[PDB]
Every structure is written in C-alpha cells, then in structure tokens.
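The following structure holds ensitrelvir.
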Amino acid sequence: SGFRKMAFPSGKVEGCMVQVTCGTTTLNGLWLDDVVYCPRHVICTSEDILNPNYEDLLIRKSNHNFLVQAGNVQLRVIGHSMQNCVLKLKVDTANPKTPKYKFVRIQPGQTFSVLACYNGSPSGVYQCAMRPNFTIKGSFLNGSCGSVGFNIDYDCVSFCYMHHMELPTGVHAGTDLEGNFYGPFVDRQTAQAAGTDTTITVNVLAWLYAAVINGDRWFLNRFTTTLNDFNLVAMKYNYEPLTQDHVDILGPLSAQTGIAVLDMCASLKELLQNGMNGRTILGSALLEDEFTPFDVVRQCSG
Amino acid sequence: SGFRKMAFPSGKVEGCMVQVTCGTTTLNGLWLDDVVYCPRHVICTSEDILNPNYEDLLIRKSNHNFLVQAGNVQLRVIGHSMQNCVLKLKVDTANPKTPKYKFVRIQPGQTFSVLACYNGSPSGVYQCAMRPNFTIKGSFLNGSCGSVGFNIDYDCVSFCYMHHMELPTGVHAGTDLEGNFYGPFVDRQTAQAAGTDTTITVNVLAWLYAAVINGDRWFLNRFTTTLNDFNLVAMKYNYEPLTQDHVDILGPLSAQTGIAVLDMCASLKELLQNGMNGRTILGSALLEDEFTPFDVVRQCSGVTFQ
Ligand SMILES: Cn1cnc(Cn2c(=O)nc(Nc3cc4cn(C)nc4cc3Cl)n(Cc3cc(F)c(F)cc3F)c2=O)n1
Ligand SMILES: Cn1cnc(Cn2c(=O)nc(Nc3cc4cn(C)nc4cc3Cl)n(Cc3cc(F)c(F)cc3F)c2=O)n1
C-alpha cells in the first residue's frame, strides 16, 4: 500500500557523471562510452551569451581547452563536435561504468527522474514531468547544467533530458540528448518566456484511478460524461484537453477498477467545480498530475 | 531555484542489495563486508509468524537453507545469527562494492531516503520522514521487506532503517540496522495499529523558509510570538512542540532570509488557525513536514555527495 512520488535508483547514472570545464565555465557532463555529452553553452564567455555563434566559437576550440574530470582522474579530450545544443567530447578512455542506455525524446506529460549534479558530483534525485508547455519544475542551483533526466527499464537507462537553463518564472528548460530543445527555447540569454502551463489531465485521471485501487472512495459519482463535455469543462480550468488516445491509455486502469474512463472523467469534472472540501486524495489536497498511467500501474498493486 | 522532495543518490546502496530466500519466503538483504542483513521474519512460516519463538526457529535452521542471491551469482552462507529483529548471514565473500558506512538510529522528524527493492533488485528511491508515531509513510508492495533507509554524509552511507511490515492503516514499520524496532511494534502477525500521528513543526518552519528563499512570500506577516504562546496553540492542532534546540537549528535559514524564527512561528500560527485561504506555498495546499532544516539548507546550497 501507500503511494509516493518515486524516482528511479540513480546508481547507473551516478557512474556516468563527470565535470566539464572550459575556460572559467564549469558544468556537468554525461560520460557514456568514449563520449562526454554536455550543454554547448559551456564554450560561451560572459560576452558570448546574448547572441552566441556556437559554430564559430567551437571551430574555435582545441581539445586541450576542455578539462574533463572523473573524480580525481582527468580524462583526455581527443575530439570535439557539436550536435544541435549538446557538445560532444571524444575522450581516450571508455567509461567502464557505462550502462545499457539509449536516447529517447519524450512528450509533454511523460515523467522521469532527474539526478541533480554540481561539479560532476551527484547531489540528489527527484521526479519530474515534462509540462505541457515543455518546461520542467525542477530543483536546480547554479552549476547544475548537464544534469540529466532519465528512466530505467530492466537495467536499461533511457536518457531523455539534459538541463540547460532556468527561465524567469523559475522553471527550467533543456534538451534531449541529441541537443534538440524541448519547447520554443534557445540556449541564449535573450528574452524568453514559457507558455502558460496546464494540468496533464491524463495523469490526474491516472492518479484518481490509483486512489481507488488504494481504496480511496470519496470523489467518484453516479455521473458519466461525453468526451467533448468533459473537455469543455476541463479547458475552463486550465486543464489539457483529452483525446481518444488518452482514453485508450487509461483502459487497463479502468479495467482493473471497474470504473469506465468517462465515468471517472465525470468524477474529475465534479471535483473541479466543488473542490475537495477539506478532504484529500492519497494524502494530497490538490490533484496530482506527475504520475503517468504507466507509473500508476508499476507502483500500485494488482 | 525551485524545490522538490529529493532523495540521496542511491548508487552506493544499490551495490549492497541482495536477494535472500528462506524456504518459500523471499525478501531483500543488505550485503556489507561478508555479512548479509535482513529481517528475521524470513525464517517464518505462514503460521509461526502468528506467535513464533525466533530463538528456536533460528537454531533449527542450517546455512544451506538461506539462498543468498547477489544479482545472479550465488553467495555461500558460512554462518547465521540474530540481533534483535534482524538476521545476519555470514558469507564467504566480502562485498567489493561495500561503501564507507555505519549504522545509526534516527529520531522522529528526521528524514532519510528509502531504496525500495523487490527480490533484491532496486526499483525506486524516495525520501521519507520518521513520523512522530514512529511509522513511515512509504510505498511498498509485497517483496519489499529488507528495503533500507539511509542518509549520505560526504562519502559515508548511514543506514538507519530496514523495512519489516505494513500496518493495517497502510503506513509502514521497521527497525534500525541493529534490529531494534522503531516504535511500539513487534514482528508478529497480530492486530497492531499506528498511534495518532502529529505534524513535525520544525520541518514545517524549515519548509516555509524554503518557500521564502524561492520568493513565495505571501504568508509572511509582521508579528512575532514566543515559544510558549506558539506551543500552546500547536498542541491543540496536533503539532509537535517546538523546543529551544529546534529554534537554534533554524538559525542559518533565519539569517539567510532575514526572517527570525518566532516571526516565522507567527506566520505558521496564523496558517494553523485561518488556513491558507485558497492560496498555496511551493504549489502545495498543505503544510509540508517532511523537510528538515538541514534538508532545506542542503537543497538551497548545492551540497553534493560524490
Ligand atoms: C538557478 N539555476 C538553475 N538552473 C540553472 C542552470 N544554469 C547554470 O547552471 N549556469 C548558468 N550560467 C553559468 C555561469 C557561470 C559562471 N562561471 C564561472 N561558470 C558558469 C557556468 C554557467 Cl553554466 N546559467 C545561465 C544560462 C545558461 C544557459 F545555458 C543559457 F543558454 C543562458 C543562461 F543565462 C543557467 O541557467 N541555473
Ligand atoms: C504490500 N506490502 C508492502 N509492504 C509490506 C510488508 N510485508 C511484506 O513485504 N511481505 C510480507 N510477507 C512475505 C510473503 C512472501 C511470500 N513470498 C514468496 N515471499 C514473501 C516475502 C514476504 Cl517478506 N509481510 C507479512 C508480514 C511480515 C512480518 F515480518 C510481520 F511481522 C508481519 C507481516 F504481516 C509484510 O508485512 N507489504
């Protein structure tokens, strides 16, 4: 029983974190095989941040401008290339701690664990969701760049996020491991603002199914709804519209609980018009949206 | 900026998790040097667990009954003994991934990370607080026994918790690494209920500081109070008393933010009576009591753990 926001064990990723220094800039790098991945803005200087010409600054660089440190062992950069917004440094030793891994681009609503790192030393691990506006509500201090977000599946580590910047609103923006940003953001110090955020409706429904599995009983109702009537109400509360794809994803949870998806949608609808009247669901008095339908199945009973 | 529930990087502990099997019972073990630690209830049958004599159950068992699985390599038990509610299995090989470690016992309100495992395979990590009633609000499914709770200081892993059982109310109970239970529980199949829990007050104030550091400042008032006046109100609302030691611990947060604790207690005092009036603090609609003052300083000052 119980229900906690749970992160993945971070050991496989801890063995890959290194320190990348270029000039005075020091951030974290992800060391897989004989390549260290890190945000390309590490080659920028105080002046080259508002409008950096990264191709010009990199063709500009020699391998011995980069200092890579795995613990007290300085790796030797033997080559450096750029792929979109990630820098790739070839090093002369493959990381013997490299796990089975792949690079995956995730979609808004998907969750992942983030290993916060400073000077290449892991500091803590937590759970995140890719917001519908392509930001993440992280916990990051200066020097956290290069920290990665991941999932683990049968000792295979899917890397799906690398941290680059903090936006004015306090949220954070990053890329996948191929250097493509999530969202309309760029690795520049120019004026940048994220879209208005919305609640991941499919995740809340999943969480509500998790409450019933754990026996929570107070929010459901005798009502059902049409997909369009629900979406009409939800959008008026800054909730993401729900598509038939989402309804399909919830299928297994609905099957396990004997509560149809559109029945539960009617329960979310009522919850949005009444509130929760002092009560809580799985210990929360707000609706949680950082549990996917996959997560709910993994952590909950059967 | 930002603020999250954060656990210690679990890697040092992951290299110590093994699967222990006794008969049909199978749970997790902690492999440190040439000893494997796990709950003693593994030697129990579905009826001996109702009322056992762990003494006699143990001595009757032999070494080859304990299947100690380290991933897939099998470990050879060359001895076994008890220490309170934790069983100890001596194996022929010392764990080469053994971290710099010690066994500590924590107080209520102190936090730790938990590495939930199943069949010796680490599955997820999360951050707990020992509740005042000596339970922890965990997320465990069957197979989780032997999952361990720890803290990391520099390169030292401090093991402080081992999971044993879930209570009928859903919360969880276990021992320190020396077998001593946390709270008034026994490792037996009987009717056991959790005592009435309370709010870790010093952790709520520490969380309010984290909110201020993140610029969430609406709850700050203008008033100040006294420990007496606060604690009189706090007892009514099932809040833990705030001691003089608690105030000194909030010292650095106080000086970093310009908000003297007791001034902060006035804010928490108001929040306790008037509620939050449809507002939120760090996005949460409840007062968060699972962040210690050191937790807050650690997370807002970037301290790493190698
Ligand atoms: C508060 N916060 C939360 N996450 C972040 C991420 N982040 C960061 O870690 N560092 C940044 N600037 C640097 C300055 C340096 C000074 N020295 C000596 N070394 C430095 C290294 C960095 Cl990496 N930034 C700012 C930033 C980073 C970018 F990648 C970008 F495109 C624009 C930016 F304004 C930062 O956001 N900070
Ligand atoms: C859902 N949940 C989450 N945490 C818990 C605690 N807990 C547990 O995890 N396992 C238990 N019995 C086992 C049966 C097994 C059958 N096989 C094949 N392997 C098994 C392993 C275990 Cl560990 N129990 C029961 C239990 C064990 C005790 F030590 C005790 F004092 C009281 C109890 F009710 C359990 O509570 N469940």
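Alphabetical chain letters, starting from A, follow the order of the sequence lines given. Per the PDB entry, chain A residues shown: 1-302, in order. For chain B, we keep the numbers from the PDB entry: what you see runs 1-306, in order. Indexing begins at 1, ligand by ligand and atom by atom, following the structure's order.
Tallying contacts with ensitrelvir (ligand 2), the largest count belongs to the chain named in UniProt as 3C-like proteinase nsp5. The letters of other chains with a heavy atom under 4.0 Å from ensitrelvir (ligand 2) are A, B. Taking a distance limit of 4.0 Å, we find that atom 34 (F) of ensitrelvir (ligand 2) is approached by no protein heavy atom.
For ensitrelvir (ligand 2), the atoms closer than 4.0 angstrom to any heavy atom of B:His163 are 4 (N), 5 (C), 6 (C). Lab note: contacts of chain B with ensitrelvir (ligand 2) map mostly to UniProt domain Peptidase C30.
When only interatomic distances are considered, the shortest N/O to N/O separation between B:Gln189 and ensitrelvir (ligand 2) does not fall below 3.5 Å. Close approach to B:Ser144 involves these atoms of ensitrelvir (ligand 2), each under 4.0 Å from a residue heavy atom: 3 (C), 4 (N), 9 (O).
Contact annotation for atom 6 (C) of ensitrelvir (ligand 2): protein present (non-hydrogen atoms, distance under 4.0 Å).
The residue of chain B annotated as active site in UniProt and closest to ensitrelvir (ligand 2), together with its heavy-atom distance to 1 Å, is B:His41, 2 Å. For the pair B:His172 and ensitrelvir (ligand 2), the shortest N or O to N or O distance does not fall below 3.5 Å.
Shown in contact with B:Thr25 at under 4.0 Å from a heavy atom are these atoms of ensitrelvir (ligand 2), numbered in order with element: 19 (N). Only backbone heavy atoms of A:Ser1 (N, CA, C or O) come within less than 4.0 Å of ensitrelvir (ligand 2); its side chain stays farther off. Under the 4.0 Å distance rule, the nearest protein heavy atom to atom 14 (C) of ensitrelvir (ligand 2) falls outside the cut-off.
Under the PDB entry, the species noted for chain B is Severe acute respiratory syndrome coronavirus 2. Looking only at protein heavy atoms, the nearest one to atom 26 (C) of ensitrelvir (ligand 2) is B:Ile49 CD1, 4.3 Å.
Distance check on atom 21 (C) of ensitrelvir (ligand 2): some protein heavy atom falls below the 4.0 Å cut-off.
Heavy-atom proximity to B:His41, at under 4.0 Å, picks out these atoms of ensitrelvir (ligand 2): 23 (Cl), 27 (C), 28 (C), 29 (F).
Binding site of ensitrelvir (ligand 2) at 4.0 Å, heavy atoms: A:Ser1, B:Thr24, B:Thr25, B:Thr26, B:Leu27, B:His41, B:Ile49, B:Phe140, B:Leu141, B:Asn142, B:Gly143, B:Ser144, B:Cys145, B:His163, B:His164, B:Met165, B:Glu166, B:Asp187, B:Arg188.
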Give every pair made of an N or O atom of ensitrelvir (ligand 2) and a protein N or O atom lying under 3.5 Å apart, one pair per line with both atom names and the distance to 0.1 Å, or write 'none'.
{"from": "ensitrelvir (ligand 2)", "atom 1": "4 (N)", "to": "B:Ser144", "atom 2": "OG", "distance (Å)": "3.3"}
{"from": "ensitrelvir (ligand 2)", "atom 1": "4 (N)", "to": "B:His163", "atom 2": "NE2", "distance (Å)": "3.3"}
{"from": "ensitrelvir (ligand 2)", "atom 1": "10 (N)", "to": "B:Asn142", "atom 2": "OD1", "distance (Å)": "3.1"}
{"from": "ensitrelvir (ligand 2)", "atom 1": "19 (N)", "to": "B:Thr26", "atom 2": "N", "distance (Å)": "3.1"}
{"from": "ensitrelvir (ligand 2)", "atom 1": "19 (N)", "to": "B:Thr26", "atom 2": "O", "distance (Å)": "3.4"}

